[PDB]
Novice: 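Let me begin by handing over the structure; questions about it come next.
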Amino acid sequence: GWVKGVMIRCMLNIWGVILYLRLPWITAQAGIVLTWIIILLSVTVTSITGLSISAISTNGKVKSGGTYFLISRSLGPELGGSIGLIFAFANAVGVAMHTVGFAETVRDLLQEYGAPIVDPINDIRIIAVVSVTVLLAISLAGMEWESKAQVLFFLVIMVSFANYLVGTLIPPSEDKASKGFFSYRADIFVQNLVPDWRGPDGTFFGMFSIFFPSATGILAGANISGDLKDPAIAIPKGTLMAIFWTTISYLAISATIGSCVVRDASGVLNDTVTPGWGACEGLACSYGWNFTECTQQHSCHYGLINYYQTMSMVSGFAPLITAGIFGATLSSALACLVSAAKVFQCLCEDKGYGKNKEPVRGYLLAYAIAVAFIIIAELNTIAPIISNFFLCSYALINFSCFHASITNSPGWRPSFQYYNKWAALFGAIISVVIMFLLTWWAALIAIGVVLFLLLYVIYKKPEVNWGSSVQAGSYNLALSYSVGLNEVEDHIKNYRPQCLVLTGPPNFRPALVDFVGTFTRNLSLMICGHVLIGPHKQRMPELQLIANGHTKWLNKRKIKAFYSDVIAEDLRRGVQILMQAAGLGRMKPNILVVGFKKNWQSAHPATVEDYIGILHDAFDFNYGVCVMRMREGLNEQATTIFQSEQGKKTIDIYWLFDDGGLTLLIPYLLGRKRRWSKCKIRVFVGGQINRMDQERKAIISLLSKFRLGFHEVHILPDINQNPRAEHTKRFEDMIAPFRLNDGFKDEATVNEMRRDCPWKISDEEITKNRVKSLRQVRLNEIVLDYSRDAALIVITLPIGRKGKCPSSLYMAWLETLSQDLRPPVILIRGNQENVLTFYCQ
Amino acid sequence: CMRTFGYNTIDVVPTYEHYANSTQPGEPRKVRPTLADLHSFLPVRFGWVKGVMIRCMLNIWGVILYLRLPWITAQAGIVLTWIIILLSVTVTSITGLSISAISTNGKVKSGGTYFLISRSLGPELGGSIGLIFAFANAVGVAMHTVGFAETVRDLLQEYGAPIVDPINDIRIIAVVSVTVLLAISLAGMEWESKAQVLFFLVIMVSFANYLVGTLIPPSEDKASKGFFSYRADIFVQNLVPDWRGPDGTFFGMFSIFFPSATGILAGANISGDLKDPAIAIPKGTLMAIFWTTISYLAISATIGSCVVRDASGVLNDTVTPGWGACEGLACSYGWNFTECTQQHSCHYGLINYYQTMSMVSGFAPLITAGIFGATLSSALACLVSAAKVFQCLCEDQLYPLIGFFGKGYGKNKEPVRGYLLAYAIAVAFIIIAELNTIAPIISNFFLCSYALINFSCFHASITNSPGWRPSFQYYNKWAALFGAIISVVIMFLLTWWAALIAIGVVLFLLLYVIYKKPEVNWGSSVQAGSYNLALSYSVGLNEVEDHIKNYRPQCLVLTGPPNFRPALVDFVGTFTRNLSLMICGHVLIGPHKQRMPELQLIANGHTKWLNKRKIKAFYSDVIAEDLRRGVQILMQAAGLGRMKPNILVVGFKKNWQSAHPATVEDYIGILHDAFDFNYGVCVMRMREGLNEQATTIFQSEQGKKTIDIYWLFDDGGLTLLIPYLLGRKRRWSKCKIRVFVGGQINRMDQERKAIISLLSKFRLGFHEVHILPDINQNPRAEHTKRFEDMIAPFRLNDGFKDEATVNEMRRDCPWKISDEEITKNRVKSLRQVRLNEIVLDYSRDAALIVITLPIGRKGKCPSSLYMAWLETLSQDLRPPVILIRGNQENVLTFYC
Ligand SMILES: Nc1ncnc2c1ncn2[C@@H]1O[C@H](COP(=O)(O)OP(=O)(O)OP(=O)(O)O)[C@@H](O)[C@H]1O
Ligand SMILES: Nc1ncnc2c1ncn2[C@@H]1O[C@H](COP(=O)(O)OP(=O)(O)OP(=O)(O)O)[C@@H](O)[C@H]1O
Ligand SMILES: C[C@H]1Cc2ccccc2N1NC(=O)c1ccc(Cl)c(S(N)(=O)=O)c1
């Protein structure tokens, strides 16, 4: 935290490996004032970031677990996700860069003995792959060994720095002159005071970019901060102390480098001459080192910019310096990898491997990113990426903190004495400007990537992900989309038939379920209703098991539908309950499907009264109605007639009245399935005998505007003609036993006799509906000579006004329309509202 | 007798008018009877040849026909030109198939491409697409005009009479020409269509002239330039490629030729002016594409057989015997071009000359006329399309300021406003006269339009709503998807930075539209897709078996009108959001049973109100004679599959002391039924009362106040889950939870060890614990007196009555208490008053209070008595008070 987090492992991330290896080179190629200015700017950015980070962090009682968790809990998830993503990418890239640097340093140290294995560049790649793999192996080695090694590494770094200070001030010596050291010289400081450049990066902004990579203490105050036993007043003090120590130490090291170093070397130990014999001038006249040809032809084997590492030859204890620098770099790399792995795990903390169940997947992904970026093996190019990504993360964090302070977040009131919104705004602006100037295209691309991640990771749908399992995820998705459907409004183009099918137990009547499932499959909603008769105190354990078994039987058949059971005294009341309550939001039924009463004659008229009352209630609630009739009745698994292909047969529609199109829509959706996609479809309409031609061409035109693709049309001009004499008689015998026989008295004086049997007919009444009933039986004749071999028959259902059409007269009509056929007859009626259109709004 | 079917009843027969939503020559409009009346008691228009095909054909033909195609065929050979043409045709034909498929679904109105794309895909993408489309057309007009000016200036200089210089004459001529075009477009579509036919005639005459010229034997000038009439040897020569220069690669020729044929929407853009668009768009577009492709192939093949690749052009170079050494087949007909073909420096031939197709023909002014006509036709088409698209887009009022445009004029609504806007933009652009750095932007915009059209088709097909029924059935969705992908690929393959800019503009406009929240509804594939996903995921959840590991609190809240008691809604929504189902109930009494549109409107308004406060709940209403029956209905039937409630949340009836006793009877009956259904129960209570937007204490900050929990009965831990889930939020995060864990008062409490173990398993962070053993103690007799006073009015004073005859008096007054019951329920009535003593000494400054809800056996308690215990328990307290008792099921499965 302070060394392994601030100034040892964050040393190589602030003032360490990336400073103990190639800091003196930048300082020499820049000068004292320029290096001081770069250090000042970096320190300012880091200090503002650290102030904001600590002030935000110290808000509320702290429960350990991760800085990502803390930031998310303080600023919400919207910004927390983006912050975590940016930190993950930056940590992986930094691990890659530090590992490459350490491998290169180790390879050079080994090469100091003059023994090449493979090549200058390739060998570095091999060593780096080996080191990264070793870290991956040591991913889960131990816990307290880490702290022990941190203490040991801090001690070793301190000892190496002491040795470096002891050996740095080299007095006059041939061994020193071999490297160029000449101790203190005012002319040396004068030379350092001026600028000088060499290389493609010979621009001060290049020095700024190089220095930015080694400032991971402020982040160390953000990512290496949440390890304080007393979280109250532990964090900010550590941040300030680490930052100040780093700054002072860096300034001192730069001062020593500029004081006791030279900018040129010789390359030959005994390269000296006498006065007047051979070129010799400059301050080298003290040690006779001329490089005029060497200066001209970039001939500096050793020197400030000539050689990358001057301190290694400047310190007396070379092995100690090498060992300490290598240890510091390894510690920094391990810390960064640990941080990225923690980010991944804490993201997935709530598959698990081993006790901790740690996410090996995230650490493996971090290793993948680091290995992908580490093959290049060049610090000069790599470091700018680290600087840019880290600066983007820090700027986003500070700006978000300032925004939260400004907007008065619901639960934002951090207790930081020195916190101020204006400082956050200033830091955001300055950081943005510096990131833009450092490298235009790269920084802009990173900003665009960050914006994409911030916009496109907050519309996922299941934003919680509770209880990782199958049932849990399924429930989460179902809830998310069901709630989402609430904001979307309704339009005619997207009408859908939601069906409530009265099946009772589904294993008693499978024809209805087959027929409805045919045309509703993955297009709209289907519910199967079951009413339980009798009074009982519900609850009980067995009802749930019964429902579960019914749903299992349903599932085994590959039928998408929901089962549902209710308790009521009688069928009508349970049906009312189902019609009024069942559904969710906009997924609620609007059509009722009911079977035919095969034996309505040998039964108590009370049952018939209730049956007709069901239809009356359905019409009251604005539903559509469908009555299905089979010749044989409806009451491994059984096999039905809708599970075997139909063939070339026809579908016959008798559209006699306008309902809104429901009579036409149901057959259209049914022929769109590969079971009824070979049947030709016929439409019958009534008309006139003296205008048959002007009626055929008109209905055909209307059919083409709905774009339903139906084949033929036929007109019927004789629907008013008198029925046969032997057929109109069969209608009288059918209703004979329902004649109250009081058709000579006041309608006031016929309501009393109906209070015990409100299902009779009045001789007055039969005189008003005489015409209508005749048209009912005449229709049956028309269907028998037209549709004796069809695969389906559809007819519009007639309506009777409540209070003027007893339950017995109504039941006498539907039985007449459908008789003597081999019927899959369907009688349909819409709610008197358009469900089709020929318009695009 | 013989009379129309329908004259003797109330029901009407089907007819066109019942579905037509417009006026008519017949002013009185017709409607069919509503279900309540049957139930219940007591203008110049163009065809397809002149309105679609001619426009598209003119728009496709350009200037590469005369000045570039022969050079391309000389550089690449016949076969490679044919392949390039074929690829371009595949892309264009697929796009045309998609547009035809989308164009026939209902009646299309004015608006062209924008109308189709938007109304069939949704306003959000349609707005940005329309904006960019109009801009692109308004710039293409200027591009074509500058091209025409270039041709005129080049000819005039050829005749040797220049005015100022290459750069200023272009400006002047272009300005004058654009002015003339603007003048033409304002005179009406009749004059506009006449000029199109005139230009078509001129181009046809040019084609015929070239064809006739390509036949006559060659003269001396033509012979010394490479023209020799159809010769099999030249044709044989001219099939292999011969690349030359920096621009000699297959990619280069494809990039040159591809933009030349992409103007295929020139006829659909005037869709508002057609006779029958659904029979006029597809046929015209396909025929135009076919004819243009035939013409391109014919030109390529014919020219590739008459001209040699090189020719000196000097008449003296003829082959006489003695001088020169002939090479190539040019010396088979008696001509010698050894010199230049050796040094590679002559200026004639197919691969070195640009105006070859005018040399071959018999009269060059005809070719000049052809170029003029092509350029001018393109400019006119672009102008008209841009004006119409802009008028239609500005009609819909989707942007803040551009609405000024959209005012029509006499008879046909003619947007002179948009005409002037586009003319001014075109002038401001033609002033520059240098546009080679502005062309790729426009091309990529057009390609984006292609991609959007194709994706609209594919998405509509894949969703497959019952309202998707097109008459044109000669397409396929996979091909459309491939077309959109290849469109974007080509975009990024032409010029990458322009593609980046185009896609960025599309994205930014889409974001602004989505943020603006349009106020219109037309019916799109997106809404149908949302229904699709809801249904599919519900079915998926239902498919899986049932198991205990997915407990969640699913609540039905009795709230009546949602905006009456908002505190209950806010409290439940606080801990329900993103985690479980919430439902709002409302019982309307109603005589009888019916549903009129008033109920539908009221419900839609309630749903809008609920969705306007960031609340996730379903609103449901029922009709019943009293409250108990409606609550029974909702408890029995609400839900779907697995998502159904298992907790009931109700508010306190603070006016129970002054009310007809049957009301409190039904309240307690509601509680008893809920208990009997295996539910959990929550009773909410506040000191004031529960009955733009109004505020509430549940939507404000809390600070550091504490929460007190009084756990006296082990019911499954629901008494602890609700307070716990309310402490993971950003508004209760600083509150401290105090637990007064009389661990199990009547539940075999644990003294010290197990008390902190159960709460430990709840990962609650419990920060404090206390012990209350003094329940039995005698409460201050002063407080007991307050209890006898309220129970007095319900006394039956039946001490001397037998237990058999006591039931007699209750057949009319079931609420009243008995005497034997007072002495029977005495010890259990002292705990309530005594417990109220303790609470009034700790949680007097506590944000919330939670206590275990007492219970009662049916019949063993008089109803009015049980309502006395509730009042005494929670009374004289400032904060909101919650009483809970769980279903007695393990709620510990919720954790992960
Ligand atoms: N318990 C029930 N739940 C839901 N609907 C029912 C129930 N019982 C009957 N129905 C509906 O009533 C219709 C037919 O009435 P009913 O069953 O009395 O005639 P049925 O089928 O001939 O009788 P049965 O099978 O006894 O001969 C069925 O198609 C069904 O829709
Ligand atoms: N129509 C209704 N639908 C659903 N719940 C209702 C309805 N009417 C009342 N309630 C519920 O019954 C509870 C008690 O209401 P009651 O009318 O018994 O006393 P109250 O004093 O009117 O209650 P409040 O002061 O909360 O309105 C309320 O908290 C409310 O949640
Ligand atoms: C971009 C300019 C410049 C140019 C140069 C050559 C060929 C066409 C051409 N223009 N493009 C068009 O005319 C064009 C392209 C695509 C489309 Cl759909 C259309 S349009 N008017 O059909 O909508 C026009």
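The sequence lines are taken in order and lettered A, B, and onward as chains. The residue numbers of chain A are those assigned by the PDB entry, with the residues present covering 136-485, 496-780, 815-1020 sequentially. Here chain B follows the PDB entry for its numbers: 52-93, 132-780, 815-1019, in order, are the residues you see. We count ligands from 1, going down the list as the structure has it; atoms in each ligand are counted the same way. Both backbone and side-chain heavy atoms feed into the values below; hydrogens, waters and symmetry mates do not.
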Novice: Can you help me out? I need the name, per the PDB entry, of the chain with the largest number of contacts to ligand 3.
Specialist: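 Most contacts go to Solute carrier family 12 member 3.
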Novice: Which named drug shows up at ligand 3?
Specialist: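 The name is indapamide.
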Novice: Show which other chains sit less than 4.0 Å from indapamide, counting heavy atoms only.
Specialist: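 The other chains with a heavy atom that near are B.
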Novice: Could you list the atoms of indapamide found under 4.0 angstrom from a heavy atom of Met232(B)?
Specialist: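 Close to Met232(B): 1 (C), 2 (C), 3 (C).
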Novice: Is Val152(B) touching indapamide with its side chain, its backbone, both, or neither, if touching means heavy atoms under 4.0 Å apart?
Specialist: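 Looking at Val152(B) and indapamide, no heavy atom falls under 4.0 Å.
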Novice: Purely on distance, is any nitrogen or oxygen of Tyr539(B) under 3.5 Å from one on indapamide?
Specialist: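 Between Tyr539(B) and indapamide, no N or O pair is found under 3.5 Å apart.
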Novice: Short list, please: which atoms of indapamide are under 4.0 Å from a heavy atom of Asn226(B)?
Specialist: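 Heavy-atom distances to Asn226(B) below 4.0 Å select 21 (N), 23 (O).
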Novice: For indapamide, is there an N or O atom under 3.5 Å from any N or O atom of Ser349(B)?
Specialist: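 Not met; the criterion fails.
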Novice: How far is atom 11 (N) of indapamide from the closest protein heavy atom, and which atom is that?
Specialist: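 Among all protein heavy atoms, the one nearest atom 11 (N) of indapamide is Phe535(B) CE1, 4.1 Å.
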Novice: State the atoms of indapamide, each with its element, that fall below the 4.0 Å cut-off from a heavy-atom position in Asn148(B).
Specialist: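 It comes down to these atoms of indapamide: 13 (O), 20 (S), 21 (N), 22 (O).
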Novice: Under 4.0 Å from a heavy atom of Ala355(B): which atoms of indapamide are those, numbered in the order shown and with their elements?
Specialist: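 This gives 22 (O) as the contact atoms.
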Novice: Could you tell me, atom by atom, which parts of indapamide come under 4.0 Å of a heavy atom of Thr351(B)?
Specialist: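 Atoms satisfying the 4.0 Å criterion: 15 (C), 16 (C), 17 (C), 18 (Cl).
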Novice: Is there a protein heavy atom less than 4.0 Å away from atom 6 (C) of indapamide?
Specialist: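 False for atom 6 (C) of indapamide.
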Novice: Which of the numbered atoms in indapamide are below 4.0 angstrom from a heavy atom of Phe222(B)?
Specialist: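 In order of number, 23 (O).
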Novice: So which protein heavy atom does atom 13 (O) of indapamide come closest to, and at what separation?
Specialist: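 Of every protein heavy atom, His233(B) CE1, 3.3 Å lies nearest to atom 13 (O) of indapamide.
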Novice: Hey, is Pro348(B) touching indapamide through its side chain, its backbone, both or neither, going by heavy atoms under 4.0 Å?
Specialist: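 Just the backbone.
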Novice: Just curious, which residues make up the binding site of indapamide with non-hydrogen atoms under 4.0 Å?
Specialist: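 The heavy-atom binding site is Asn148(B), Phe222(B), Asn226(B), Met232(B), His233(B), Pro348(B), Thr351(B), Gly352(B), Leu354(B), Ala355(B), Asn358(B), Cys471(B), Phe535(B).
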Novice: Distances only, to 0.1 Å: what are the N or O pairs between indapamide and the protein that fall under 3.5 Å?
Specialist:
| residue | atom | partner | partner atom | Å |
| --- | --- | --- | --- | --- |
| indapamide | 10 (N) | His233(B) | NE2 | 3.4 |
| indapamide | 21 (N) | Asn148(B) | OD1 | 3.3 |
| indapamide | 21 (N) | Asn226(B) | OD1 | 3.2 |
| indapamide | 22 (O) | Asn148(B) | OD1 | 3.3 |
| indapamide | 22 (O) | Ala355(B) | N | 3.4 |

